[PDB]
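Looking at a structure with faropenem (bound form) today.
Along the sequence shown, residues are numbered consecutively beginning with 1. Counting starts at 1 for both ligands and their atoms, in listed order. These values consider heavy atoms only, across backbone and side chains, with no hydrogens, waters or symmetry-generated copies. This entry, so its header tells us, was determined using X-ray crystallography, 1.7 Å.
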Amino acid sequence: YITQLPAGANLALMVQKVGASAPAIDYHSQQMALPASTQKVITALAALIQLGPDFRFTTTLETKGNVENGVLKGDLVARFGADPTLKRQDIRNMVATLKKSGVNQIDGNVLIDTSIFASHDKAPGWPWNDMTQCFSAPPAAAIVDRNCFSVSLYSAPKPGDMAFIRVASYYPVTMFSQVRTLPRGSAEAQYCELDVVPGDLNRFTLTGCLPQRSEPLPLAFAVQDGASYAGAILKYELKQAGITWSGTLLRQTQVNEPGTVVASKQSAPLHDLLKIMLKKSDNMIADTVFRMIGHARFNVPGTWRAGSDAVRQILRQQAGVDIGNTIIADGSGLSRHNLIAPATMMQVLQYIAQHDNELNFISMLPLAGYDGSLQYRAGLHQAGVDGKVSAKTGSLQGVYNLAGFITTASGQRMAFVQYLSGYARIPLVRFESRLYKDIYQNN
Ligand SMILES: *C(=O)[C@H]([C@H](C)O)[C@@H]1N=C(C(=O)O)[C@H]([C@H]2CCCO2)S1
């Protein structure tokens with residue numbers, strides 16, 4: 001049909017009027033595919049059902065013990081809550097509030113409490129090589145400024161001398177350079193890589209080669225140990241506010257009764273965060289939300305497995321969607337383990353459309369011609385459907401997925417799932433132009 005794009009590519013496609021019993025287009029709709037960021041559609045629905053639009057992430061400073069003459073006889077607890085939007089200034093402000101409450105001194109330990117979550121901060125099936133990139137920063141219980149920092153790498157004046165790293169003193173990381181500066185001619189330039197090697201306690205070593213360059217190379221990396229990073233920031237703010245402590249910084253991972261909350265920060269409401277997540281394909285909001293869903297549903301520390309089980313259960317029991325053999329490994333779609341058929345994603349989209357007056361969901365999706373990842377998508381623009389499609393992209397090396405809704409020329413809303421992979425821009429554009437033009441004009 002319209003099928004003629006590259007032969008190496010795999011298309012599974014389903015298009016169906018909202019509320020109809022049969023699809024208008026059905027091409028290999030039962031075939032399971034990698035959803036990439038369209039996984040976020042499922043995460044958003046399950047989140048709204050389990051947590052509600054008004055859920056907020058919460059971070060607190062708590063005291064366990066008596067305060068005598070400005071001395072806490074006991075521990076300060078910083079209880080992190082996986083808030084993906086927490087900033088350095090929020091820590092500073094909670095510390096200011098702690099001081100204001102009359103605590104000048106802690107005769108005890110400072111505990112960094114991450115007990116909200118347990119097990120690894122990285123989902124099964126995430127590629128190891130992207131773990132130092134900010135887009136794949138481990139979505140830990142302890143996040144400050146997205147657990148991303150930047151660094152400037154300078155080549156040495158003398159070839160053979162070590163390239164050197166500048167980093168802002170406000171990042172509690174430890175950088176080492178083993179990078180050799182190459183002369184502009186070097187035979188080494190072709191196959192000598194420039195690499196980052198993370199170590200314990202937020203140490204990073206840069207290795208390999210860098211050709212002489214006139215300006216520094218800017219680099220941004222993901223924090224691997226969020227609890228230590230957040231601890232170091234808290235320790236700095238305590239010291240600056242003149243609060244001393246006699247113990248040490250310790251991680252608290254086991255569930256425990258809360259102390260007296262002396263300071264707190266709540267995120268924006270979940271509906272607002274889910275909107276950012278869908279409009280910008282924000283992996284960190286997606287994946288903090290995902291482990292939070294499991295924690296909320298089962299009253300256990302949030303893990304990837306509990307998140308997966310909970311989302312499956314929510315879809316089946318609340319949304320009437322049995323996802324069968326679907327694999328849900330995370331919230332963002334980062335995992336190469338995620339596997340779902342258009343027919344299953346369609347049941348999710350139909351539920352959303354049928355309940356949209358309740359969920360206010362469709363307004364959160366990128367709107368073609370306006371925003372999100374659809375501000376300008378050549379295929380949709382050329383199909384004449386700007387303003388008519390609200391959809392989530394899933395875009396990877398060779399993957400061009402779209403999942404969402406289109407209003408046709410006759411005013412009917414059709415749901416659609418386009419799972420297209422192994423693509424290797426003209427052919428995609430020609431395919432989407434034709435396909436969406438057809439859907440819009442002929443329905
Ligand atoms: C969704 O398909 C992916 C996630 C990571 O699986 C997200 N969306 C993209 C995009 O191209 O829209 C993201 C880009 C931003 C920088 C590199 O990844 S990740």
Name in UniProt of chain in most contact with faropenem (bound form): D-alanyl-D-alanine carboxypeptidase DacB
Atom indices of faropenem (bound form), in the order listed, that fall short of 4.0 Å to a heavy atom of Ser37: 1 (C), 2 (O), 3 (C), 4 (C), 6 (O), 7 (C), 8 (N)
Atom 7 (C) of faropenem (bound form) protein-contacted, heavy-atom criterion under 4.0 angstrom: yes
Proximal atoms of faropenem (bound form) relative to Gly394 (non-hydrogen, under 4.0 Å): 2 (O)
Atom 15 (C) of faropenem (bound form) protein-contacted, heavy-atom criterion under 4.0 angstrom: no
Closest approach of any protein heavy atom to atom 17 (C) of faropenem (bound form), naming residue and atom: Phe135 CD2, 4.0 Å
Which residue and heavy atom of the protein sit nearest atom 9 (C) of faropenem (bound form), plus the separation: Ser395 O, 4.4 Å
Flag: protein heavy atom within less than 4.0 Å of atom 1 (C) of faropenem (bound form): yes
Atoms of faropenem (bound form), numbered as shown, that sit under 4.0 Å from any heavy atom of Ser281: 1 (C), 7 (C), 8 (N)
Atom indices of faropenem (bound form) within 4.0 angstrom of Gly333 heavy atoms, with elements: 6 (O)
Nearest neighbour in protein (non-hydrogen) for atom 19 (S) of faropenem (bound form): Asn283 ND2, 3.8 Å
